[PDB]
Amino acid sequence: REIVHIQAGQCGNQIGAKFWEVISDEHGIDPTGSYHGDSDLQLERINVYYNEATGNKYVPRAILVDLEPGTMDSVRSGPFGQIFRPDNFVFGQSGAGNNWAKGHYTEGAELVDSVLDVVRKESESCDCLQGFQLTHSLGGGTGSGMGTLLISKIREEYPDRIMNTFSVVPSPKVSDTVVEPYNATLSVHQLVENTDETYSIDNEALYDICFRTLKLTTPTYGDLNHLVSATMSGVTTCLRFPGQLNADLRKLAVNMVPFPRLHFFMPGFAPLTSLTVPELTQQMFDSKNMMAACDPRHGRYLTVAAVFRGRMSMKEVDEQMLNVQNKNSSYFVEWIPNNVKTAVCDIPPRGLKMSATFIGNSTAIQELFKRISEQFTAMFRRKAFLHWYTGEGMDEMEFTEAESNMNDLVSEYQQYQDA
Amino acid sequence: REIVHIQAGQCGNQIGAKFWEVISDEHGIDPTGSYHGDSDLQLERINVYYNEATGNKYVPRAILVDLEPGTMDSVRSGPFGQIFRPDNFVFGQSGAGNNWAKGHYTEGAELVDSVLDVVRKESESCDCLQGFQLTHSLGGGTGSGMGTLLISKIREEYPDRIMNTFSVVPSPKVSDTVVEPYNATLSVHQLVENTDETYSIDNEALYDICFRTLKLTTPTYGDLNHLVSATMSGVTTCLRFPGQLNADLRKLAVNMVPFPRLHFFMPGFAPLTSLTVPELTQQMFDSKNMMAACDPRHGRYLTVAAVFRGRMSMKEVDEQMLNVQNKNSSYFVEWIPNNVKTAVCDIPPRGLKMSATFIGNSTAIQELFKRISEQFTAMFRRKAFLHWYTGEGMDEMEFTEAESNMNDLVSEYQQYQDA
Amino acid sequence: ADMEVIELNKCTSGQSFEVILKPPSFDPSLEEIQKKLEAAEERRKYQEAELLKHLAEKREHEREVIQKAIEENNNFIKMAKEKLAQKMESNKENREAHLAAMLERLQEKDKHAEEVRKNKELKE
Amino acid sequence: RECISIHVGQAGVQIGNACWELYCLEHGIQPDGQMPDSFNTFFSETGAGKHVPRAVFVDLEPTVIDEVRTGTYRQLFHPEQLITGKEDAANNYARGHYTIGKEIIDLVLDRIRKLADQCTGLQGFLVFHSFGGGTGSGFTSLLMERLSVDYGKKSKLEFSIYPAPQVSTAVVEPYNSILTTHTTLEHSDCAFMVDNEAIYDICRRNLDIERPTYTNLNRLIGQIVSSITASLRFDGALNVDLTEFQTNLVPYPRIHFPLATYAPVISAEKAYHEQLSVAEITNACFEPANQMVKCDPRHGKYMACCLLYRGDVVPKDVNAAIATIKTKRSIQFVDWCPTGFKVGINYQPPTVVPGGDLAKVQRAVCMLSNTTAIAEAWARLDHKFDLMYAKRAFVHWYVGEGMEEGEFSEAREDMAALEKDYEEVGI
Amino acid sequence: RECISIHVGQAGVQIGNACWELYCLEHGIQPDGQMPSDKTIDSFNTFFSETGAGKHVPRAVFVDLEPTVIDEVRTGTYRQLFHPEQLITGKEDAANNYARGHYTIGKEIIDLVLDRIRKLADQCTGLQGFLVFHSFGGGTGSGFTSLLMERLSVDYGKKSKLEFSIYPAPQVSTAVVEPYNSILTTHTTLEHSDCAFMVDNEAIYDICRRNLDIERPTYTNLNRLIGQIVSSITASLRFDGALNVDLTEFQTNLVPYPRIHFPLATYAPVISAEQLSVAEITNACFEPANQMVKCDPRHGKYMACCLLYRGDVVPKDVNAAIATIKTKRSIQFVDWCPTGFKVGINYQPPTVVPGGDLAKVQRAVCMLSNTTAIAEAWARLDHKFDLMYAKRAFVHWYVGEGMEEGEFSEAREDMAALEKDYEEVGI
Ligand SMILES: CC[C@]1(O)C[C@@H]2CN(CCc3c([nH]c4ccccc34)[C@@](C(=O)OC)(c3cc4c(cc3OC)N(C)[C@H]3[C@@](O)(C(=O)OC)[C@H](OC(C)=O)[C@]5(CC)C=CCN6CC[C@]43[C@@H]65)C2)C1
Ligand SMILES: Nc1nc2c(ncn2[C@@H]2O[C@H](COP(=O)(O)OP(=O)(O)OP(=O)(O)O)[C@@H](O)[C@H]2O)c(=O)[nH]1
Ligand SMILES: Nc1nc2c(ncn2[C@@H]2O[C@H](COP(=O)(O)OP(=O)(O)OP(=O)(O)O)[C@@H](O)[C@H]2O)c(=O)[nH]1
Ligand SMILES: COc1cc2c(c(OC)c1OC)-c1ccc(OC)c(=O)cc1[C@@H](NC(=O)CS)CC2
Ligand SMILES: Nc1nc2c(ncn2[C@@H]2O[C@H](COP(=O)(O)OP(=O)(O)O)[C@@H](O)[C@H]2O)c(=O)[nH]1
Ligand SMILES: Nc1nc2c(ncn2[C@@H]2O[C@H](COP(=O)(O)OP(=O)(O)O)[C@@H](O)[C@H]2O)c(=O)[nH]1
Ligand SMILES: [Mg+2]
Ligand SMILES: [Mg+2]
């Protein structure tokens, strides 16, 4: 019915600013100006991402949070920078961190309020707030730490409404840092408690996805962000578009998540870089094409959701779809009946005549988590860089206590390869 | 000496409205107006069916009862509609039923009084009330149910006077309605206790008279009702006509019924559809010509009564009559001496130059009752549509208790094939 | 037979007479009983005031079906109204204090931000 | 001296109606009432013009009694000698004797006394009634009981219409007849039975009427009655008084039921044929074909014979015709009884109804005979009865008015006795 | 007399919309409101309330917990058809779980509806029952419906309720949690509802592929076909009829037992635009391929059959159509309902939507049958349910609105019972 978008922390901000300028140009929106596109649909559900202001004009429900200038004035001065409402930019000023605690306790809580006082403004403004979605990094601090807090402070203020996040789960290849496992594990914990669904964009997949499969030698944060931006348009489509379904996003949740421990979706995409239907599915359900670094093979699908894009006959889709869950019949749990559903919206993405996107609650996502607690226990082992948090005011055992919660999550997933 | 006519329920009302416009046109009566006919007799016993009012005019002593508008205004707006006294129409308004209990308990008892208050106002008006005669269906509710009640409430208020009915015992042919057996069996019980004579017009016979012997492909309730209407004028003839007998109707009863258990007459007719005397009797005593679905062959005659119509020599009738009870000599019980009597009125019916009608207390009528208790116990078997009554306030065992009374009647008839 | 006839009486408008033909040869209505007519009279008021106070039997058994229904209904209405509403204060009490079993488990990892930042203004 | 007529019940009345008419034609009373002791026997010279019968008519429906106060003779009776009951008898003894009778019974009984009140030395009652039939059996019986009380000695003379299959009965007839004739027998002195069968039969053989009416029948019964009374409204020796009745026909208290035989019933249009001979009319008398209770006495025995001749007739003949009746027939007088023959000649020529079917005759015989074969009728009733009551047939409608089941038993039980008494008079 | 429509929940509404449309095309009401059909200053009155001096307004109320769909009505023509009030909308959605609509989110609106339906039955002298159209699976559709109906049962004691459920099928997209929703409502709702016309979405979609030849059948595609089945079931009391019959008789026939029994729906001739025999259309009805709930009754037994013909038919024909739909077909009529096969003809031609996919026909059958095999649907739901609940699958989202764990048990417990009752009706 209507959703606000929080977008915090260098990585978060980057992603979101690409998100925005993809969908904005899908609905047909100027840098500021309103509609320009000989389509019509667009404006049906434009409502959901776009609180509108003075005259024509269209402005995205968006709160931009960060603990240091730069990366905001990177947006402001660039793509669709004139778009976001000016006092919707919540500057940090201070140190950032690249350290959870800073963002979740000392330098973060410093701000939080000032953000929360503007999320309040957009949400309390909304005709019927559906929920918030948030974008950020899991490793490093001002997105992972402030975020996990924004949400922890968003629920409580709206237990009512549901929580949605795109969280970029990081890796050794492609990092700002040593310390992330720490930051990741400290969030993954926070995530599993206060959100309802999270999309795991694994940077590791994204990388493998640009070098194993995309000719690109050293990937920027650019061609690479590029992938998320496309996947995110994909995931959201049928909230913001047609009259196929309607997708309360609550509906999306209460249909995708069997078990309260907010299970993390690994997304996927169809065509890529910067298409026959059979050749679309077999690709969208290929591991080498997942947005999270797993191989949905070691482990099964709890529930799946696939959403296709472009004027193609769904005669062929139902049929291709049921056909994947046949040549792969064993890897869809058989205790949840029709646990793969499909939808068709026929308004193409960027270039791209065909396309699909894929959302998957898969126990194989365990492989991801295990591999971040892997380099975690290897570090917190002999209490490595820990004195970076110790001193900012954290307890020794808040790490074990997080490490151990996460370990559980791994072993509930590992459980649901049941019978 | 004088009789009032109760005519209740859709079927009841149909039948009676044909009865009325047959006899009315026999005595020579306008829609309202009085006499027009170069005969004279007529008016002798016009008294018996016609309490008279303002000026000329002739109005039938008639009470029209039903639990829903329609079928009355069917009469009001049609044949002799202007005839009946306007506040002699007792509407229902409510649901009807097609369900005894509705008419005999909940929706019925709701009215009863207001009918009973008008029967009182005709009978208490009458110079010397002979008794009441009533017409209705036995399957279905507002006739069979309210009826059986009117009468139960008429005796008690006049134990004194005798009860007469024309009751149309319903069939599997000519209507589906999974329940009638129930309604029928629930009345037959009622009938056997509070009436003194009842003519059983078996719809099953009526059908067959129109199809087995008539070629009438699409049988109306219409033509088929035309059969009853004729049978009734015949049965009544020498109450309402001559000075052959005089026929207290009590006289008719105390002569026709050996055994208190109100024994039901199966009627019969002579010529039909919409004649020599020998060819008249041999036809009036044919099974294929009985108004009740029997074959008065499996079972004998307890008492018989035949009444002839048209200027024909009764020299030939006494002789034809004694001659049936000779080529059929065995099937008249010999423990009741002259148990077949005849009467001759010489004023023709509708068209029809000759005619006769036949009233027969015949143990073969058992074949009829058995066959209603046949589809009854087949249903009440595993307590079928019974919850339609249960809920309206009736007891489980009031069905067994009726089923069992009726079964007795069968086995007292079956008994009187004695020696 | 050859007659021998003796004449009795010779009126004005007639004559009678005996004629034997062959000599023969050989050798309280009480009133009291009308009490037997009010002996009917009081066997016939029985007959009736029986099957009358016996149709007064079936009479207020009508008062019964016309009741076991109406009474049967208010037993369903005024029974499954609190078979609803008392499963719906059952509901409120269940969430209305579970949306608050969510809140107090938060306000706890919250009153814990303060009690370990008022420990960072004590540390290094 | 005086002689009241009571006609109870449709049949009784209708019979009565068409024999008062014959009394009137015989004595010359134009309907209004006036004629231009002797025949005082039956009429009470009321007011200073009129002649009013000594009659009372009761019936429990109007209807029939209504036709009297409508058709001429409408001026013949006193309005009050015609009593009518509104609610019918419904064709069962039970009703008339108890239920519906009770009600009117005190009225009648009063009115008949009003009538016998202007009578210095009243003689008896003629009572005309139906054997089967509602009030006819029922009321009659009751009337008669109470008569027996109110009038001690005074003879009662019943004229019963014994019923037959064709001239239409009712199933339940048999009961009614057995019923009354029980109760009524110890209270009545002499009873002229009239078999409807017989009469109808005579109207077919003799009159040649294919479909004989009541009004057809009645006329012929009208005559038999006139001829039995005759003797006392004229005064012409024999049966000149009521005692002298059973004094001559029944030797046995058991109410005996004399046989009626009429003489020359011949159809007008055969009028101006020959006048029949004094001998021949007698000779018809001794004929089954001309009887008045369907039976035969060439099978039973005679216990008193009475010949009632009317007209121009000299004894000389009667004698010398009887002679040859004895010489040419079945005498059969029983054991211990002369060989009867009390012969009365009433010089009055026998007047017949003007538009009637029979013709003016010269001389008519009458024949009142008490035979043991008159009980062949007694039995034919009884069988019908026995075989219905075997199954309680209709019993209930009577138990319904309020009778006893055993009043049916205790009445059959009587017929069985009487059926035996009659037969026990044999040699 | 009068007959209110309640359409709750997306499916219910969208079905409702395209069969009020059909009602309107049948009775000749141009969207505008007014009918050139002579007055309304009854009959066409069963479903419409002749509002003001021009218009015809349905006796309808539409509830749903999102606007969106209800919104489509007050936007597309017929926008002038309803009163503004009779369209109620809920702002916050149902979220696809019984728990929500029955407790959390329903509580809120329920009082509004309940009020407005009463406003509507207030101008109704002798209102008869309710038609309730809703989804089996689906958020408000199960949840709200259920609540509505409980409360209806309270506010309207007798007045029958007639539910039209849309039983759900895998392809015409369900939702994981569907199974729960359906088992849940049908439990609570069952003791409060009188007769329930199940419609299997599968069936319909199936008929649109076999017969209509539409590769990708829309809701708007389906609804149209359901629009008709509904019209033909109501029909009877919608147009007058004469030469035939209302539900209430068809109702007494279909449901022999407490348990709300769920009649099978079959339509007659679905033939795609761009005349079949009286015999043949019938023959179609007794065909798995043409049914309304995917299953088969050449495996179950019949407990009552109802055939509803519409259009150019004569009984002489139906007679032989049926008789032969027995002589050599899938017979099976059970131990104790001698009848089955009630039959009426609603002469009014089977008017189909103008740009629709089906064509104007001459005559159409409708067949409403209560079979024990209809419980083969009952089970196929249950298994899906059993095997999810085995692990608490999604339970929590319901315990989260505030339900009991055991209201899931205590409702399965009923299906098991009903699944047994049905099977227990066997010979
Ligand atoms: C006199 C009133 C009446 O018209 C009598 C029948 C029933 N209706 C009228 C309309 C009617 C009839 N048939 C219809 C079919 C569809 C719609 C309407 C009808 C009616 C007829 O044909 O008039 C021309 C008729 C009906 C039946 C009918 C005959 C009939 O007209 C001859 N059958 C006697 C019954 C029937 O159920 C039966 O008892 O079989 C023994 C019979 O079963 C068979 C195979 O005959 C049958 C015939 C099709 C089958 C199924 C439905 N039942 C209902 C009663 C029965 C029918 C006539 C009321
Ligand atoms: N001879 C003769 N017999 C008659 C006459 N009328 C009736 N009966 C016979 O009498 C018997 C019937 O008796 P009813 O006089 O009719 O009965 P009731 O009770 O006296 O008169 P109701 O009260 O009218 O019934 C039958 O046997 C008839 O055949 C008649 O006018 N003449
Ligand atoms: N036959 C038919 N079924 C439908 C239609 N729309 C939805 N459904 C079915 O109904 C069920 C979904 O019901 P919903 O209306 O979506 O549930 P709801 O909560 O009551 O309505 P929402 O608040 O919109 O969710 C599924 O089984 C669908 O297949 C329709 O238009 N026609
Ligand atoms: C954001 O909008 C979406 C919203 C929903 C769904 C979805 O995935 C296709 C979305 O796209 C990403 C959805 C999902 C999943 C299911 O579980 C597999 C389901 O049964 C059902 C659905 C959607 N409904 C259907 O597929 C029935 S037509 C409803 C909720
Ligand atoms: N793919 C994607 N990941 C990013 C981007 N920027 C940073 N990251 C990842 O997110 C993690 C840290 O993010 P960073 O924003 O510096 O932490 P912050 O100070 O909380 O904003 C690292 O592990 C990076 O690999 C981005 O541009 N796109
Ligand atoms: N012949 C005669 N019988 C009828 C008529 N209408 C109905 N019936 C029969 O009687 C039964 C029910 O009669 P109906 O009047 O409708 O019941 P009600 O609700 O008491 O008025 C049906 O099963 C038919 O068999 C009528 O028109 N005439
Ligand atoms: Mg009588
Ligand atoms: Mg919903």
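Proteins come first, then strands; the chains are lettered A, B, ... in the order of their sequence lines, and each starts at number 1. Header says: X-ray crystallography, 4.1 Å. In listed order, ligands and their atoms are each counted from 1.
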Specify the chief binding partner of ligand 1 in this model, using its name in the PDB entry. Tubulin beta chain
Drug at ligand 1: what is it called? vinblastine
Tell me the other chains with a heavy atom below 4.0 Å from any atom of vinblastine. B, E
Just wondering, what label does the entry put on chain E? Tubulin alpha chain
